[PDB]
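This entry carries darunavir.
Chain letters follow the order of the sequence lines: the first is A, the second B, and so on. Using the numbering of the PDB entry, the residues shown for chain A are 1-99, in order. Using the PDB entry numbers, chain B covers 1-99, in order. Every number for a ligand or one of its atoms is a count from 1 in the order of the listing. We use all heavy atoms of the structure for the numbers below, so side chains are in, but hydrogens, waters and symmetry mates are not.
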2 protein chains.
Amino acid sequence: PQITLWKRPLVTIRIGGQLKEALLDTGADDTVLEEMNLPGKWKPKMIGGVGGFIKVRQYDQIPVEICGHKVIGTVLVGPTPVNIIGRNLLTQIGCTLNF
Amino acid sequence: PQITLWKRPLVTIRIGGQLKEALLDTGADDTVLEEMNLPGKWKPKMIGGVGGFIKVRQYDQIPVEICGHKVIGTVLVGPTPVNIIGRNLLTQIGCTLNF
Ligand SMILES: CC(C)CN(C[C@@H](O)[C@H](Cc1ccccc1)NC(=O)O[C@H]1CO[C@H]2OCC[C@H]21)S(=O)(=O)c1ccc(N)cc1
């Protein structure tokens, strides 16, 4: 689709078997999801935004479905206030910004 | 133009007479710039991101030059780690996400 920005650009994703709403976020390097119990190997990481840093669990090579696009990559899990789809996955769905 | 997301979508803006680099940020409701002087009336606001909230100066009706496009809207100034162009101004340049 072509998504305008008058409202937040929210999409449905599926990850670890669960459906979620997430924000398509060109300002995010990495995808970051709210706290959930994902199985798999992970390593700790700190990410910085407005307000400072959060500790996240970094899971590599995770399958995610985003509006019908089946992708595989890194997902960070921790205390973000909103589920965010970052550039690492935006590039896999072929997302561009146009003006 | 159409901007891919392999790299951060960084652009040159002009605000208050000065050239700056900024991030085109679809996950930001609002435009937030690093501490700077700016003429005009302002009022204090809190804005919230990953890590918590920061206190900013809200200036309304500020002209911003973005990639050759002159727009006018709200600019928040404060201790953000990066200059971020949010939807309030992305909409003014006709920006969309496409995939
Ligand atoms: C500040 C950016 C350089 C990076 N941020 C992404 C950004 O799009 C967040 C994404 C975001 C969105 C909502 C809540 C938290 C974070 N937006 C944000 O801080 O916007 C603020 C300014 O306008 C307001 O509207 C939304 C919050 C305010 S970030 O969330 O901190 C972030 C940082 C690193 C990664 N990997 C993923 C996300």
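The main partner of darunavir in this structure, judged by heavy-atom pairs under 4.5 Å and named as in the PDB entry, is HIV-1 Protease. Heavy-atom contacts below 4.0 Å between darunavir and other chains occur for A, B.
The option with the heavy atom closest to atom 19 (O) of darunavir, from among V50(A), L76(B), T31(A), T26(A), is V50(A). With respect to atom 12 (C) of darunavir, the closest heavy atom belonging to the protein is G27(B) O, 3.4 Å. Put simply, atom 3 (C) of darunavir has protein non-hydrogen atoms near it, under 4.0 Å away. Heavy atoms of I84(A) found under 4.0 angstrom from darunavir belong exclusively to the side chain.
Within the structure, darunavir has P81(A) among the residues with a heavy atom less than 4.0 angstrom away. Looking at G49(A), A28(A), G52(A) and measuring to atom 31 (O) of darunavir, the nearest heavy atom belongs to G49(A). Lab note: binding site of darunavir, heavy atoms under 4.0 Å, is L23(A), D25(A), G27(A), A28(A), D30(A), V32(A), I47(A), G48(A), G49(A), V50(A), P81(A), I84(A), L23(B), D25(B), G27(B), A28(B), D29(B), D30(B), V32(B), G48(B), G49(B), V50(B), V82(B).
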